[PDB]
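Below is HIV-1 Protease with saquinavir bound.
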Protein chains: 2
Amino acid sequence: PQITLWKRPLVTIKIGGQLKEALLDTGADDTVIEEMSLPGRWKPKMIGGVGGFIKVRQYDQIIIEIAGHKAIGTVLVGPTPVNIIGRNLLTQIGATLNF
Amino acid sequence: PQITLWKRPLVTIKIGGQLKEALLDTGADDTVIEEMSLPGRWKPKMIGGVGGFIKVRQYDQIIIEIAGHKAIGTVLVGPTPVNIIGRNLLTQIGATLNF
Ligand SMILES: CC(C)(C)NC(=O)[C@@H]1C[C@@H]2CCCC[C@@H]2CN1C[C@@H](O)[C@H](Cc1ccccc1)NC(=O)[C@H](CC(N)=O)NC(=O)c1ccc2ccccc2n1
Ligand code: NA
C-alpha cells in the first residue's frame with residue numbers, strides 16, 4: 001500500500017502470537033516493542049534517541065507480520081512509549097520513502 | 001526520489017543559508033534540529049522521544065529546503081542527537097511510505 005503521512009503511520013503487527021499496533025518508523029535503526037515474552041536467548045542492550053537511552057532485551061531471529069507482510073529479524077523489548085518498526089524490518093517488507 | 005532503507009535516510013537540507021544533514025523520519029510528528037540561530041520569536045514545547053522528554057524552541061513559518069524541495073513550516077530547535085525531518089514537513093514535500 002501507499003501510506004500518507006497526515007497522521008502517524010500505525011499498522012497492526014503480529015509478534016509472539018500477539019496482535020499489537022506499531023509505528024512504521026524510517027528514523028529508527030531498530031524495532032522496539034513494549035514488554036512481552038519472546039522465545040529464545042536474549043542479551044541486554046542500550047538504545048537511544050531523543051531524551052537519551054533505555055535498556056532493552058535483544059532477541060534475534062524473530063518472525064513478525066507487519067500489515068500482512070512477514071519478515072524476520074532482531075526485536076528489542078523494553079520500556080518504549082510506542083512500538084516501533086524500524087529499518088531492520090522495514091527493508092524486509094520492501095518499504096520505501098517516495099517523493 | 002525513491003529512498004530505500006538499508007541505510008539511514010539521510011538527506012541534505014538548507015536552513016538559514018546553511019547546509020545540514022537530516023533524517024527523513026516517518027516516526028517523528030515534528031521536525032527538530034540541533035542548536036542554531038533562527039529569526040523571530042519562539043514558543044516553548046516539550047517533545048518526547050524513546051528516552052524521555054526534551055525542551056525545545058518552536059519557530060513557525062521557517063523556510064527550509066529538504067533534498068531540494070522547498071517547504072515553509074514549523075522547526076523545533078534543541079538538544080536532539082540528530083537533525084530530524086518529521087511528518088509536518090514530509091507532508092509538504094509529498095512524501096509517502098510504500099510497500
Ligand atoms: C524526534 C521526535 C520529534 C522527538 N520524535 C521521536 O523521537 C519519535 C518518538 C516516538 C515515541 C517514543 C518511541 C519512539 C517514537 C518514534 N520517534 C521517532 C524515531 O524515528 C526516532 C528518531 C531519532 C533518530 C535519531 C536520533 C534521535 C531520534 N528514532 C529513535 O529513537 C531510534 C531508536 C532506535 N532505533 O534505537 N534511534 C535511532 O535510530 C538513533 C540513531 C542515531 C543516534 C545517534 C545518537 C543518539 C541516538 C541515536 N538514535
Ligand atoms: Na533467537
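Each chain gets a letter, A, B and so on, in the order its sequence line appears, and its residues count up from 1. Structure determined by X-ray crystallography, 1.2 Å. Whatever order the structure lists ligands and atoms in, that order sets their numbers, starting from 1. All heavy atoms count here, side chains included; hydrogens, waters and symmetry mates do not.
The ligands or chains that make up saquinavir in this structure: ligand 1. Other chains whose heavy atoms approach saquinavir (ligand 1) within less than 4.0 Å: A, B. Residue contact check for saquinavir (ligand 1): B:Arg8 places a non-hydrogen atom closer than 4.0 Å to it. Within the listing of saquinavir (ligand 1), atoms 34 (C), 35 (N), 36 (O) sit less than 4.0 angstrom from a heavy atom of A:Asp30.
Saquinavir (ligand 1) places these atoms under 4.0 Å from at least one heavy atom of B:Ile84: 23 (C), 24 (C). In this structure, atom 17 (N) of saquinavir (ligand 1) lies nearest to the protein heavy atom B:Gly27 O, 3.9 Å. For saquinavir (ligand 1), the atoms closer than 4.0 angstrom to any heavy atom of B:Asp25 are 18 (C), 19 (C), 20 (O), 21 (C), 22 (C). The nearest heavy-atom contact from the protein to atom 33 (C) of saquinavir (ligand 1) is A:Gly48 O, 3.4 Å. The entry models no covalent bond from saquinavir (ligand 1) to a chain.
Using a 4.0 Å cut-off to heavy atoms of B:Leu23, the atoms of saquinavir (ligand 1) that qualify are 24 (C). In terms of polar-atom proximity, defined here as any N/O pair under 3.5 Å, A:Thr80 makes no such contact with saquinavir (ligand 1). Neither the backbone nor the side chain of A:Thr26 has any atom closer than 4.0 Å to an atom of saquinavir (ligand 1) (non-hydrogen atoms only). Polar contact check, A:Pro81 against saquinavir (ligand 1): no nitrogen or oxygen pair lies under 3.5 Å apart. For atom 46 (C) of saquinavir (ligand 1), a protein heavy-atom neighbour is found at a distance under 4.0 Å. Residues in other chains coming within 4.0 Å of saquinavir (ligand 1) by heavy atoms are A:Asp25, A:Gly27, A:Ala28, A:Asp29, A:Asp30, A:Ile47, A:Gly48, A:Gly49, A:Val50, A:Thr80, A:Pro81, A:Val82, B:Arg8, B:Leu23, B:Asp25, B:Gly27, B:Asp30, B:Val32, B:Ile47, B:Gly48, B:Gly49, B:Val50, B:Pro81, B:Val82, B:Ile84.
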